[PDB]
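Drug bound: ziritaxestat. Macromolecule: Autotaxin.
Residue numbering for chain A follows the PDB entry, covering 52-66, 74-458, 469-537, 540-569, 592-860 in order. Just the heavy atoms: all of them, side chains too, but no hydrogens, waters or symmetry mates, feed the values below. Atoms within each ligand, like the ligands themselves, are counted from 1 in listed order.
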Amino acid sequence: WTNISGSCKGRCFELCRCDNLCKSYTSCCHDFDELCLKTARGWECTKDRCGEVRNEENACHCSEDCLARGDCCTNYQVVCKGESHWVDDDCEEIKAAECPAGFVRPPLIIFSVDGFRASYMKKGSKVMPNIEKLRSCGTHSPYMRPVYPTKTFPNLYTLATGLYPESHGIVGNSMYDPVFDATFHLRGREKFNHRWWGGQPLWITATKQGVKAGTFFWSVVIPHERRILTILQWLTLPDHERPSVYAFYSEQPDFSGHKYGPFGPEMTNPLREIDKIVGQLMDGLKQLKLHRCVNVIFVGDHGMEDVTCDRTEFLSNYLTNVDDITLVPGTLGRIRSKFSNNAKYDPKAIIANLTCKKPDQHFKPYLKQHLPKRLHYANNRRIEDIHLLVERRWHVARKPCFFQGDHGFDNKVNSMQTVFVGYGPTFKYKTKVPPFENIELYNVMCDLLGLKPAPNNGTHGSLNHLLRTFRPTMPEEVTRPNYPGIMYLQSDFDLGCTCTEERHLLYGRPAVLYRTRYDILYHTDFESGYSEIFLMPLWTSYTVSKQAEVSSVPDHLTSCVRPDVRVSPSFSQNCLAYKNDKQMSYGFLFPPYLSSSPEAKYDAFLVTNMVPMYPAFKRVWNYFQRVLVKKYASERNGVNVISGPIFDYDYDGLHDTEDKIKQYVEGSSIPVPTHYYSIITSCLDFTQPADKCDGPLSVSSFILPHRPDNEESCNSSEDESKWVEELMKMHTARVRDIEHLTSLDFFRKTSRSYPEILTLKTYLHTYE
Ligand SMILES: *[C@@H]1O[C@H](CO)[C@@H](O[C@@H]2O[C@H](CO)[C@@H](O[C@@H]3O[C@H](CO[C@H]4O[C@H](CO[C@H]5O[C@H](CO)[C@@H](O)[C@H](O)[C@@H]5O)[C@@H](O)[C@H](O[C@H]5O[C@H](CO)[C@@H](O)[C@H](O)[C@@H]5O[C@H]5O[C@H](CO)[C@@H](O)[C@H](O)[C@@H]5O)[C@@H]4O)[C@@H](O)[C@H](O)[C@@H]3O)[C@H](O)[C@H]2NC(C)=O)[C@H](O)[C@H]1NC(C)=O
Ligand SMILES: CCc1nc2c(C)cc(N3CCN(CC(=O)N4CC(O)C4)CC3)cn2c1N(C)c1nc(-c2ccc(F)cc2)c(C#N)s1
Ligand SMILES: *[C@@H]1O[C@H](CO)[C@@H](O)[C@H](O)[C@H]1NC(C)=O
Ligand SMILES: [Ca+2]
Ligand SMILES: [Cl-]
Ligand SMILES: [Cl-]
Ligand SMILES: [Cl-]
Ligand SMILES: [Mg+2]
Ligand SMILES: [Zn+2]
Ligand SMILES: [Zn+2]
């Protein structure tokens, strides 16, 4: 209960209740609506109202005293004192923060916009003149990549925390938690309960370190114009109460985008309306002389794609009993049993029945651990085991148009990409930066406010090139390598088997960042870090020049496997284990096919180059190694390739210890990888060959799932040239994803600054 006879006079939107959540499922004071939500005579002055008698019933004021009180209309001195709009002024550089004396730091305003597709910036100064001036005058990128699923709640909270949805808990707009036995929905009281929201959002991080925060939630009752005036009012408060971080949120252009689709003619007016709101903010900041003091982030949560009811796949066309499953539908699918203790429910049968039933099926089923690792969408009990990736432009529903637009698809889809602009004293002047992921902004926003960020999934230092003015450190090597010479006789081995750095290790040896034991093994054509714990290489580095020749293996040397005299028999694999395992075969990390001579080819058959590989996966690996590596080398002027295994049985995106591994080669202690990776590097200046590179690097990487069939690839019955490249692209990855998965640290000795290397490690080759 609260005594609502108490007033909100002189405390509207305070930091009885008068806060932004008091209309949600609480209760405001009796005069909240009268005092705080005044809408009389609009949000703009006229020549008629200039120097008028002050009326407290007005929404904003044009009287002579309004400036000292800090509640002028945003255009007051434009209309009444003959000043120009902020937009009409010439672009002047801010070489330092021009804040009133008393300010301890420049303020940050985060202007978030729902469903702002990246291609909307193409409209230009005709439709959005304020946003366009912010973009051209400040720091900007072509786009910003959201997280998966590309929905509002997961992305806005990712922006707040720097965390993947699996880690912060908001894995969807809709979700079920089986420990709570409760459902989160866009509509309802449940979403306000704190138990759903993990991590530490920017506003808590700020408050804990002595920095006051504005509201990061506005009620839908409060109009957009009031929100701006509230922020401007808070900026005029005294030094003890004045916040340093502020947020604005708009539900446009999302709401319109759903109705009319991203390229509808009706989209123009919503964009005009948003820019009108941005113009009020900049004009109001100019009135306060804070227009060269505040840092402003214009950011979206995701894009928008053409979707209609005609393009709906129905699960009832694939499964028999759709009345026994619950489906979270639309631009993604999540399937679970409707009733617990249902013996008729079979997950394998559901996945089999959804797998490659038509030539042109517009979704694909996955167990969540088999999803592309770049999505980081497994490690949460709120994410269901069965997942459907839906093809762009389509929906999935259970069984059988108001809307023309939707989103939520795979976060590398062009139409899901969104927007970023940074403008102010701490952002650079007229600078263009490469695309980046929204997980990185938490760290930047902490830097901008002088805060120590909480542990997050950004790579602190990767966005230093956005700011005019944090120094990142390279991690400490935990285990030093051994460099074994010849230590064992050929006759010491009973494995049942029968029969450099300047060229092949260009960017230093990788640093092992966990406690283990491993050997560096040199060869003519390749180098490797051989693990005596996991009985295979952690990594294998080799360089293929532009004009390198692919030979083949002679018929008699097909099953050649040789003991390596530098490694003990008891820390080596054996062929007998592979003969006994009916389901498992083996492959090589450096391919025999790319040997520089017949003599060197014998090094590639060493037991220390061998790795366990299902026959179905060898179809993928042989095509990658024999055909594609030469093709990449030809096209990129040679390539350096680093390949190795990944073990992630608990699908948490992090390198497994020994106890997490659930699958070994039959009757052995040879662990089976869940995935295989490659990091393919060359010169960005493609006129220089990869081994003699002067400038910036170019990188692409993948994390291929190590699966005993090719059920993911619908054309796998065809030749590898019809389906393998398509599989690899789907599983593209940042080098940083591989570092988490292996506890390795790559690119430790280059000619580039460490900040530029962290940008390189966060790059995703999207193929879009
Ligand atoms: C992306 O970055 C993430 C952050 O660096 C990485 O996640 C982190 O991973 C490490 C290693 O696995 C975990 O470390 C273990 O922590 C155990 C204790 O965890 C519990 O306490 C934490 C308390 O934190 C305090 O400070 C934070 C701010 O820093 C405040 O927000 C807290 O309130 C508190 O004051 C807490 O962070 C953690 O939170 C999880 O659990 C709650 C509910 O129980 C969820 O609401 C929340 O979303 C977190 O869930 C996530 O992590 C758990 C595992 O902890 C998963 O099961 C779940 O599915 C979800 O992914 C928790 O309450 C400790 O016993 C161990 O010895 C380790 O030190 C961190 O817990 C974990 N933190 C977070 C926030 O995820 C992530 O690996 C990384 N990913 C990649 C691919 O690189
Ligand atoms: C889709 C719009 C929206 N609607 C709501 C509602 C109704 C509630 C809501 N809550 C209510 C519950 N609240 C609990 C809370 O205070 N904390 C959980 C942490 O421990 C701190 C978390 C957020 C966020 N909402 C949001 N979100 C996610 C918003 N995000 C932002 C946002 C976040 C980060 C930004 F950088 C910019 C804007 C807003 C603003 N301004 S509003
Ligand atoms: C799979 O499809 C077959 C053939 O249409 C059907 O008889 C069977 O019941 C389906 N299984 C499930 C679990 O839906
Ligand atoms: Ca793991
Ligand atoms: Cl300052
Ligand atoms: Cl080369
Ligand atoms: Cl570089
Ligand atoms: Mg076998
Ligand atoms: Zn949204
Ligand atoms: Zn939407």
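In this structure, the ligands or chains belonging to ziritaxestat are ligand 2. Heavy atoms under 4.0 Å from ziritaxestat belong to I168, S170, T210, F211, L214, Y215, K249, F250, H252, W255, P259, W261, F274, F275, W276, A305, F306, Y307. The contact set between ziritaxestat and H252, taken as ligand atoms under 4.0 Å from a residue heavy atom, comprises 14 (C), 15 (C), 16 (O), 17 (N), 18 (C). With ligand atoms numbered from 1 in the order given, ziritaxestat contributes 19 (C) to contacts under 4.0 Å with heavy atoms of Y215.
Of all atoms in ziritaxestat, listed by their number and element, those nearer than 4.0 Å to a heavy atom of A305 are 41 (N). Of all Zn(2+)-binding residues UniProt records in chain A, the ones placing a non-hydrogen atom under 4.0 Å from ziritaxestat are as follows: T210. Both criteria (UniProt Ca(2+)-binding in chain A; heavy atom under 4.0 Å from ziritaxestat) are met by no residue. Below 4.0 Å from some heavy atom of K249 lie the following atoms of ziritaxestat, by number and element: 7 (C).
Shown in contact with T210 at under 4.0 Å from a heavy atom are these atoms of ziritaxestat, numbered in order with element: 1 (C). Shortest heavy-atom distance from ziritaxestat to a UniProt active-site residue of chain A, with the residue named, rounded to 1 Å: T210, 4 Å.
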